[PDB]
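These notes concern the structure reproduced below.
Residue numbers begin at 1 in each chain, while the letters A, B, ... track the order of the sequences. Determined by X-ray crystallography, 3.3 Å, according to the entry header. Remember, it's 1-based here, ligands and their atoms both numbered in the order they're listed.
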Amino acid sequence: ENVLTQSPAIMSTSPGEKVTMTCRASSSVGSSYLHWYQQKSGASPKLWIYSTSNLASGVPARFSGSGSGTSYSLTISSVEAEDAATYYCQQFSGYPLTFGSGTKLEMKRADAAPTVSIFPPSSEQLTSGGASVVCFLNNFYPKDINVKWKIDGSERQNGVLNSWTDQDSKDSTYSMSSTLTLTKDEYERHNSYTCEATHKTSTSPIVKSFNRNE
Amino acid sequence: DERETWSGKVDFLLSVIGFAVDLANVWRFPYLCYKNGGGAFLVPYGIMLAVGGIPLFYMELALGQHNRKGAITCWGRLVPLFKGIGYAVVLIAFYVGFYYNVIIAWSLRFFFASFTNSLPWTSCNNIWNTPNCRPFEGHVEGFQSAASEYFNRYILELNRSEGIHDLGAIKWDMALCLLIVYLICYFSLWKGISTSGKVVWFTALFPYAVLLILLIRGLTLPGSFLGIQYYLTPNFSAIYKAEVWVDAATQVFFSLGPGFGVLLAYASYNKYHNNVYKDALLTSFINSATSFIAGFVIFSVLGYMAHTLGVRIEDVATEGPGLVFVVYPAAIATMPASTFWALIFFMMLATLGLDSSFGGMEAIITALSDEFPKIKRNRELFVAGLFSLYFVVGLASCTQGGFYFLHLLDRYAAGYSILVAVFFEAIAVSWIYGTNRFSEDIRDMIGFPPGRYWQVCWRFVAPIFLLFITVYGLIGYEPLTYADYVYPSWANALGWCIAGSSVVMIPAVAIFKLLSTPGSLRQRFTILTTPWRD
Amino acid sequence: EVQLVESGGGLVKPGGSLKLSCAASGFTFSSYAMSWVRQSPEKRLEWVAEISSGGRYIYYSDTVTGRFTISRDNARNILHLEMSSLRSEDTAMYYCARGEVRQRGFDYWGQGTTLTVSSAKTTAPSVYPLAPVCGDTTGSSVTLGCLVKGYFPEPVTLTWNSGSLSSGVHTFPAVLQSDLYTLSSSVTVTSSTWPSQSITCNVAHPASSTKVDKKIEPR
Ligand SMILES: CC(C)CCC[C@@H](C)[C@H]1CC[C@H]2[C@@H]3CC=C4C[C@@H](OC(=O)CCC(=O)O)CC[C@]4(C)[C@H]3CC[C@]12C
Ligand SMILES: CC(C)CCC[C@@H](C)[C@H]1CC[C@H]2[C@@H]3CC=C4C[C@@H](O)CC[C@]4(C)[C@H]3CC[C@]12C
Ligand SMILES: OC[C@H]1O[C@H](O[C@H]2[C@H](O)[C@@H](O)[C@@H](O)O[C@@H]2CO)[C@H](O)[C@@H](O)[C@@H]1O
Ligand SMILES: OC[C@H]1O[C@H](O[C@H]2[C@H](O)[C@@H](O)[C@@H](O)O[C@@H]2CO)[C@H](O)[C@@H](O)[C@@H]1O
Ligand SMILES: COc1cccc([C@]2(O)CCCC[C@H]2CN(C)C)c1
Ligand SMILES: CCCCCCCCCC
Ligand SMILES: [Cl-]
Ligand code: NA
Ligand code: NA
């Protein structure tokens with residue numbers, strides 16, 4: 001098997017800038033067989049470049065392609081945000097046919113602090129003996145963010161489900177959801193629940209919290 | 001599959017380029033241009049080449065590489081009802097070798113004869129000339145050129161044969177050349193394409209050396225341009241004549257030689273995923289390129305004869321061996337350093353024939369190796385027996401009346417035989433097997449299906465292109481004659497047997513394979529129309 | 001124009017056997033070789049099987065070989081894929097890609113169909129609405145939430161107000177944890193819109209006949 005690896009794995013770029021991505025084969029590949037596929041977040045892949053350099057119909061001329069032997073590259077002249085995608089290379093010379101690891105082109109924007117909002121356990125869920133506290137962290141950049149839960153004063157580390165979203169298509173931002181879940185007994189045996197989200201926009205983390213009585 | 005494969009890629013290229021480029025490039029293509037409207041002849045030539053020949057040339061080279069077996073087996077594994085095609089195609093290749101190698105011996109006897117300072121064929125005061133001699137070609141038949149009496153009365157001694165029946169004395173100086181030919185074959189392809197693949201480097205590239213020399217000495221000659229005019233000066237009236245679209249169509253067919261079992265055999269050792277499409281076009285071009293080039297070499301010298309030596313060009317612009325053995329050697333004789341142009345020329349003519357004679361042998365050797373493994377396990381030994389049958393019968397062509405026997409084989413050994421055979425190849429592949437199947441086969445091999453252009457040439461054009469020739473080729477039937485010699489009716493009947501002994505094996509093995517299998521008729525054809533790969 | 005549609009596929013117990021179908025339309029399906037490419041839930045593409053146009057040349061990935069079978073119906077223009085001895089790493093979305101010219105690649109790709117191989121068992125979600133904390137509320141726009149917890153397998157369909165408000169919706173992808181998925185979506189509407197106007201969570205989970213609306217009422 002002909003192993004293909006692409007770099008970088010993720011690539012933040014400001015619109016208008018110039019981006020380059022590389023595709024390197026474990027075995028040599030004839031130039032006429034290496035293709036490139038663009039795949040948008042939650043869509044079928046699309047043939048983008050066939051046989052090293054030739055664009056497919058509908059592919060803007062701002063896209064180029066070059067390479068030979070064991071090293072090929074895809075190059076975007078000046079990017080717009082309609083090019084935020086994940087790009088895969090593919091070889092068609094031998095079997096098995098192989099696809100590369102892909103490069104995720106993400107849009108770069110100005111930083112943005114999150115908007116934390118904490119939600120107590122639902123009333124219907126409490127009847128079910130369960131109690132999960134939901135904390136939303138919405139519209140912020142860059143992607144990395146670090147939540148921390150505190151039941152009463154003590155930080156609680158296990159029991160959490162975090163889920164980040166894909167980069168938003170209008171403001172190029174991020175949102176994330178953390179869900180600390182508990183038994184009804186362990187939740188009805190405390191009152192302060194805190195959700196503090198640390199982010200690069202402030203050394204002091206944005207905090208949200210509530211008491212089980214008010 | 002542990003089958004063999006070309007030691008190098010050029011060994012397949014030069015083995016094909018050499019089978020295709022022979023004396024017909026040097027002697028019949030320049031004549032056709034000269035006779036049929038000059039450069040304008042390139043139109044119907046190119047059209048008949050673009051829609052009829054290269055379609056067929058491509059089709060065979062792809063089959064041979066894909067089905068990976070020689071000419072007999074490759075039609076059994078493709079359409080079993082038509083396995084007889086492979087059998088016909090092979091003995092046709094067997095029949096041709098009974099005369100084709102002689103033309104090389106003539107070259108070799110002239111090559112050996114050109115070891116002197118006064119080439120013998122220039123003067124007409126020798127022991128073999130007649131009082132009815134001229135120093136250069138004319139347009140009366142009682143009075144032949146000094147370089148034509150040397151050919152008919154000393155080299156061939158044809159003047160001592162009253163016909164086909166009077167073969168007369170065996171001339172061993174020619175027999176020794178015919179052996180030197182079959183030996184030059186044996187030790188160049190007994191051990192396989194491991195060695196034949198390399199031998200073709202000299203025999204396929206050396207003509208291009210001699211061409212470039214003779215193209216310079218020809219073009220740097222008083223009156224050289226006058227020849228180039230008669231070669232290419234266009235008269236588009238001939239376009240209108242359909243007798244020219246047959247001469248283009250027929251020359252394209254025999255100059256590339258598709259459906260002959262050779263390209264199939266040569267491709268069978270190709271690596272599967274080799275781009276045969278590229279090879280087809282690259283090879284076919286170098287072919288017609290060499291003929292176009294070669295007309296410059298011939299007609300530069302041919303113009304020099306008219307301007308300097310004072311001959312009517314229509315009397316020296318001939319085709320066939322008369323040109324390479326009488327006319328062109330006669331103009332060499334007038335040039336300074338004539339002994340040099342002689343040697344390269346005849347060593348050119350020899351090498352021009354050897355590569356092409358190699359292909360005939362291999363199409364037989366490979367078709368039999370890939371079917372009767374006693375042959376395959378005993379290659380070196382088998383070929384010995386083959387080439388000896390050639391030599392022994394070949395002694396009949398080394399007699400004084402030898403030519404008459406060759407002329408018969410030139411007309412019947414592979415005349416109307418191959419034309420019907422390839423017609424059934426086009427039909428078997430485009431229709432019975434299927435372009436559907438065939439294009440799917442190619443895509444697996446080179447990576448893309450053949451363009452809808454090729455498919456259409458394979459399925460309709462090529463059958464009526466072959467039909468174009470066989471129809472307009474039977475309309476011009478004339479009994480076999482040379483000079484005033486009318487061949488007897490039993491000699492033609494004989495030549496009809498050897499012409500029939502090929503085609504007959506098409507409906508023979510169709511019938512024999514039908515009767516040798518069990519079921520009902522539509523269950524009969526289905527079992528004999530489904531290939532092996534399927 | 002040219003368009004492909006993959007169909008069949010869903011949950012399968014390990015060792016089981018499922019058959020997928022790709023319905024071609026908009027071109028001579030007989031003339032084009034198709035191939036099956038799958039994409040794992042870790043977003044890595046992997047080729048599975050290729051079938052020639054006439055169907056007589058069939059190349060398999062070394063992974064799926066002997067277990068899968070890619071047949072082809074040039075009559076009805078349907079490309080098939082027969083799976084047996086299904087393992088869990090076979091879990092993916094399966095694509096039907098049209099490629100004839102190797103030097104041109106896969107012209108067109110279908111929507112794709114989703115195979116989940118898991119011994120785990122189908123369960124339905126319980127949708128909890130997320131009304132904000134009763135205190136404070138001293139802000140300019142308010143964020144609501146909805147919690148679709150403890151379901152399997154994917155997918156789930158969360159719209160807000162029957163699919164009528166989209167600006168301000170952030171529906172987070174599902175995350176499996178101990179054979180169960182948890183999803184949540186957050187909606188931020190102006191303070192004048194809620195609880196003035198009705199905000200409902202419209203969750204839908206077809207794999208277990210679930211159609212649940214949980215309106216958001218305050219605390
Ligand atoms: C020195 C002179 C005499 C050379 C002789 C000319 C030939 C070498 C030229 C003349 C016309 C050319 C042909 C004209 C048309 C075509 C069609 C062309 O078709 C395609 O482009 C592919 C079809 C497809 O894929 O759909 C392929 C090349 C070919 C055979 C050309 C091959 C080379 C040809 C025969
Ligand atoms: C009129 C004179 C000048 C023509 C001379 C042209 C000669 C030099 C050209 C014409 C045919 C050519 C050959 C055709 C085929 C190939 C195969 C390729 O893989 C290597 C080059 C090679 C081996 C070419 C070598 C050069 C060649 C022999
Ligand atoms: O034309 C035939 C040939 O016959 C004679 O040659 C004999 C030769 O004399 C013998 O030595 C032996 O080699 O067989 C030859 C037959 O080719 C004549 O001498 C010769 O002139 C003539 O061509
Ligand atoms: O001067 C040429 C010389 O050659 C003649 O022919 C030879 C021939 O060259 C050899 O190939 C041999 O095969 O046949 C002939 C026998 O010698 C003659 O030898 C001679 O008359 C003449 O000078
Ligand atoms: C096995 O079949 C053959 C072997 C050798 C030569 C031929 C010829 O037909 C002989 C007649 C002239 C054309 C030649 C083919 N072209 C030039 C390549 C056929
Ligand atoms: C048509 C080819 C016939 C050649 C003679 C067979 C020789 C057999 C040697 C084993
Ligand atoms: Cl020619
Ligand atoms: Na040759
Ligand atoms: Na030729």
| said: Okay, next thing: the drug at ligand 5, what is it? | reply: tramadol
| What does UniProt call the chain that holds tramadol with the greatest number of close contacts? | Sodium-dependent dopamine transporter
| field | Chains under 4.0 Å from tramadol (heavy-atom) | value | B
| said: What residues end up in the site of tramadol at 4.0 Å, going by heavy-atom distances? | reply: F19(B), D22(B), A93(B), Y100(B), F254(B), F260(B), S356(B), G360(B)
| Which membrane-spanning segments of chain B, as UniProt numbers them from the N terminus, have a non-hydrogen atom closer than 4.0 Å to tramadol? | 1, 3, 6, 8
| request: Provide the organism of origin for chain B from the PDB annotation. | output: Drosophila melanogaster
| request: Identify which UniProt-listed Na(+)-binding residues in chain B lie under 4.0 Å from tramadol by heavy-atom distance. | output: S356(B)
